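Since the structure comes first, as structure tokens, the remarks are kept for the end.
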Number of protein chains: 2
Amino acid sequence: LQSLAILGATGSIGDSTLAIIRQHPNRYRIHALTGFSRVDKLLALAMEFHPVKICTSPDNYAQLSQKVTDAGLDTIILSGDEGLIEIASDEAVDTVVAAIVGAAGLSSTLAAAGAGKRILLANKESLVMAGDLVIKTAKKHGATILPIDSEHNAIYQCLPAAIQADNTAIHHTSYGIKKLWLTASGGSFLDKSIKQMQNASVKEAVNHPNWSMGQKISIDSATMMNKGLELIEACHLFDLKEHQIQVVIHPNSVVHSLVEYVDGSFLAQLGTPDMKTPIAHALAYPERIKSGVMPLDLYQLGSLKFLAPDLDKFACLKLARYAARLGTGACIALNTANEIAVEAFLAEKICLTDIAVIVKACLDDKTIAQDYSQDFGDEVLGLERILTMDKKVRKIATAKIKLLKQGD
Amino acid sequence: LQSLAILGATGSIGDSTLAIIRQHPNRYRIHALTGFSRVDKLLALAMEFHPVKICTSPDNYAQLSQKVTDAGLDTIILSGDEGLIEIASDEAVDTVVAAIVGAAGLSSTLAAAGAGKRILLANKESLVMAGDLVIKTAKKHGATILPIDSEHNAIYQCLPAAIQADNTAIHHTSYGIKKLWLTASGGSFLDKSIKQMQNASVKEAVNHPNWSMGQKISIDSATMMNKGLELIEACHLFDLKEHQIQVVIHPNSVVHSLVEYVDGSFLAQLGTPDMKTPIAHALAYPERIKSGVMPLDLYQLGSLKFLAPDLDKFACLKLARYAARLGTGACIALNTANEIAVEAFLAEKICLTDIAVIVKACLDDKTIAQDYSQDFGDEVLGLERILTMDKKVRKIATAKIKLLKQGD
Ligand SMILES: NC(=O)c1ccc[n+]([C@@H]2O[C@H](COP(=O)([O-])OP(=O)(O)OC[C@H]3O[C@@H](n4cnc5c(N)ncnc54)[C@H](O)[C@@H]3O)[C@@H](O)[C@H]2O)c1
Ligand SMILES: NC(=O)c1ccc[n+]([C@@H]2O[C@H](COP(=O)([O-])OP(=O)(O)OC[C@H]3O[C@@H](n4cnc5c(N)ncnc54)[C@H](O)[C@@H]3O)[C@@H](O)[C@H]2O)c1
Ligand SMILES: O=CN(O)CCCP(=O)(O)O
Ligand SMILES: O=CN(O)CCCP(=O)(O)O
Ligand SMILES: [Mg+2]
Ligand SMILES: [Mg+2]
């Protein structure tokens, strides 16, 4: 049985992964599950799956340990980043599903690449922040990365075998890859005024017509920063630069992305927008298995729309491309600034449209820009350099926010 | 240089193939070209490409031989089926592009499979009439068949490598193929009354909103018999039965077909509707090359529509499925009856809607049905059995036509 560690098992992605595991009992073995806040849910999962190890936040380690011994499970309990690193590099784990949101998922993603694991990547902030380091580290140790993110999973499915195996093979012109097309729903405000986004409630922004997801990715979809980040994720995953990856607005969320070839062929993945499809694909690869989705019904589709992005309205996307060209430092500035203006939007401290302002101000800040020219990809020293800039952007972005609520 | 024989070089498919050859001068060598009626065009091609051999109709052999000696080419001239068989099995030919329309292309398609060639198949009537025989013969001698037909080329592009190599691999459930979806434009009368198809001029039926093609395939698209035939072609190519292949109406002709997988993934090929894309793909396979098409612009797409087939209105499609289930005899009855009611529609002897009547009457005719249980796939005797039934359906369909213009 393929041994699984599911980092971030209590969230949206975790739910879908587990929904597939329950359909395929004697194919996968759960070795570990992790959860930051939802201690009871993690316990309920523990009791269901009898995992060898679980990990939670340090604030909950004691509480959860009591509850696990009280339930008489053999389960080892772990806490913090230290626990995640352990599970991610555990000799007994074959496959890691990286579903921790944000930067918090970076160190365990690396540990997994360092340990040579099969990694199923949901956690895109890992690649936006440490793409060179993660891929380099993975290549060096024999880790395979398969993307779970819909768009990337689509693209991956639409790529010849040799380029799934080795992403550098994509520069051999025989394979004829021209460019990659990322589909974007346009989010909750696509078809609404600039003015109306300004006054968006969290309830409006957080709820998406086609997808049910975590809070963060949800907001990122509303501003289109999600595509931004996906743009940078794609560059690392498929070993390309941003000019080779373009974005098309597609509100139906049926077409999940395309690969354009030199002969005129666009290979695309279509499906109902349900993350069990890409998770299932990535779990069973190179085989396939039933996912439990309700399949897309082509008869009732109606009309699938396509539309160029409106960049004035979705500045987050302009700014992500700009950052992708600047390299890893600017992508960190990008992602972290954005991580901060999201905690801030959901806390109701800024407007939705303020997410763009904070992120630019951060990309164009002189104190942030000093670190753009650093070697964030050094095998020994890249990690501390990435985290230090993280802490730094955290401070400055926080400062920018406070400054804005009055004036600069 | 890959040596090419282009059977049917003067038609629509031939034009597109050659348009690609002219873009790729030192990749492909033209060893042979063939043309039935258009002697001057065949000559002009001869002078352009200095082929080793060409073949024409028997009625033109003398005329063309004079003209070739008058122009001082070294080119060997051939005639009739005998000439096609020779070119198709020529020791010096690597690749055969099978683009003769109708049943007339069957014997040379077989000769090419018998000789173990790489075959690029446009000519779908070959598989509708002798699918088992062609595939069996190909497998036995090491011939590779790559489809040029848009839908089949799309499906092929959307299939894993192992199933492109060996079509029987598709029954291994690991690969997770659920079903194949054939897209159909719905033709010139999709959005028009039954009543208005009745009175269709040849000019209406022959001209297609999105495609420029030969006359026959053009009419077949109007009645939707083209999808019928494509349905049977798909069964042989991909080694499935008709229940596994469904049809969706898609008027934009952008999405060219899909492959549905068990996890919910639909892989589809999109592109501007231009046969240079699939020809180019098939020529360079497993590599890719520029095709000279103007690529699809996703920004200006608008809305791609999808719609269930209206089977009352497109009886030809009901009847093809029925025939696919009946087996090869009924497919011959189907294809030939249809070949006859097309010569008859374009000659202005029957109504467009009469194509359906003639073909049913032929499928349900007791004299035709006697031969349904024959072994059309016997390596020694299948070919004469296929041609005899052809001649027979030709006679009876002709009779049915004459009968209808008065009454049965
Ligand atoms: N939700 C989707 O459908 C979807 C689609 C594509 C990509 N993704 C990506 O997958 C990842 C997870 O997204 P999600 O929507 O499931 O997130 P979520 O908000 O549902 O939470 C995910 C998990 O992260 C854990 N977590 C949160 N903060 C943590 C911390 N500081 N340390 C350790 N663990 C922590 C939570 O306990 C939870 O199990 C993200 O990177 C997201 O961008 C999600
Ligand atoms: N035209 C397209 O875009 C297209 C698309 C998909 C499939 N196809 C298929 O490819 C094949 C070619 O179609 P097309 O539209 O290019 O045809 P066409 O009518 O334009 O050309 C047919 C070719 O075959 C030759 N031919 C015709 N009758 C013959 C006979 N009785 N004996 C010997 N040779 C003969 C002609 O000389 C000509 O070169 C058909 O089977 C068609 O269904 C064509
Ligand atoms: O992989 C799935 N997602 O990231 C959800 C996408 C929401 P968006 O298409 O509006 O970016
Ligand atoms: O391969 C291309 N064609 O067969 C032209 C198809 C026209 P249709 O979609 O109405 O069958
Ligand atoms: Mg995504
Ligand atoms: Mg076709």
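Lettering: A, B, C, ... assigned in the same order as the sequence lines. We number chain A the way the PDB entry does; in order, the residues shown are 5-412. Residue numbering for chain B follows the PDB entry; the residues present correspond to positions 5-412, in that order. All ligand and atom numbering here is 1-based and tracks the order in the structure. Basis for what follows: all heavy atoms, side chains included, without hydrogens, waters or symmetry-related copies.
- At ligand 4, the drug present is fosmidomycin.
- What binds fosmidomycin (ligand 4) most in this entry is, by the naming of the PDB entry, 1-deoxy-D-xylulose 5-phosphate reductoisomerase.
- Within the structure, the other chains placing a heavy atom under 4.0 Å from fosmidomycin (ligand 4) are, by letter, B.
- When heavy-atom distances to fosmidomycin (ligand 4) are checked against a 4.0 Å cut-off, B:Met217 comes that close only through its side chain, counted from C-beta outward.
- Under 4.0 Å from fosmidomycin (ligand 4), there are other ligands or ions: ligand 2 (nicotinamide-adenine-dinucleotide), ligand 6 (magnesium ion).
- The proximity of B:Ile221 to fosmidomycin (ligand 4), defined as any non-hydrogen pair under 4.0 Å, is limited to the side chain.
- Within the 4.0 Å heavy-atom shell around fosmidomycin (ligand 4) one finds B:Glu234.
- Applying the 4.0 Å criterion to heavy atoms of B:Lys231 picks out, from fosmidomycin (ligand 4), the atoms 8 (P), 9 (O), 11 (O).
- Ranking protein heavy atoms by distance to atom 8 (P) of fosmidomycin (ligand 4), first place goes to B:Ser225 OG, 3.5 Å.
- The closest approach between any non-hydrogen atom of B:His212 and fosmidomycin (ligand 4) is below 4.0 Å.
- In the structure, no covalent bond to fosmidomycin (ligand 4) is made by any chain.
- According to the PDB entry, the source organism of chain B is Moraxella catarrhalis.
- Under a 4.0 angstrom heavy-atom cut-off, B:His254 registers as lying outside contact with fosmidomycin (ligand 4).
- Those atoms of fosmidomycin (ligand 4) that come under 4.0 Å of a heavy atom in B:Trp215, given as number and element, are 2 (C), 5 (C), 6 (C), 7 (C).
- Less than 4.0 angstrom separates some heavy atom of B:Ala188 from each of these atoms of fosmidomycin (ligand 4): 9 (O).
- Applying a heavy-atom cut-off of 4.0 Å to fosmidomycin (ligand 4) picks out B:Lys128, B:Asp153, B:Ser154, B:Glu155, B:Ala188, B:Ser189, B:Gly190, B:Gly191, B:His212, B:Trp215, B:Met217, B:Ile221, B:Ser225, B:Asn230, B:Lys231, B:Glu234, B:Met279.
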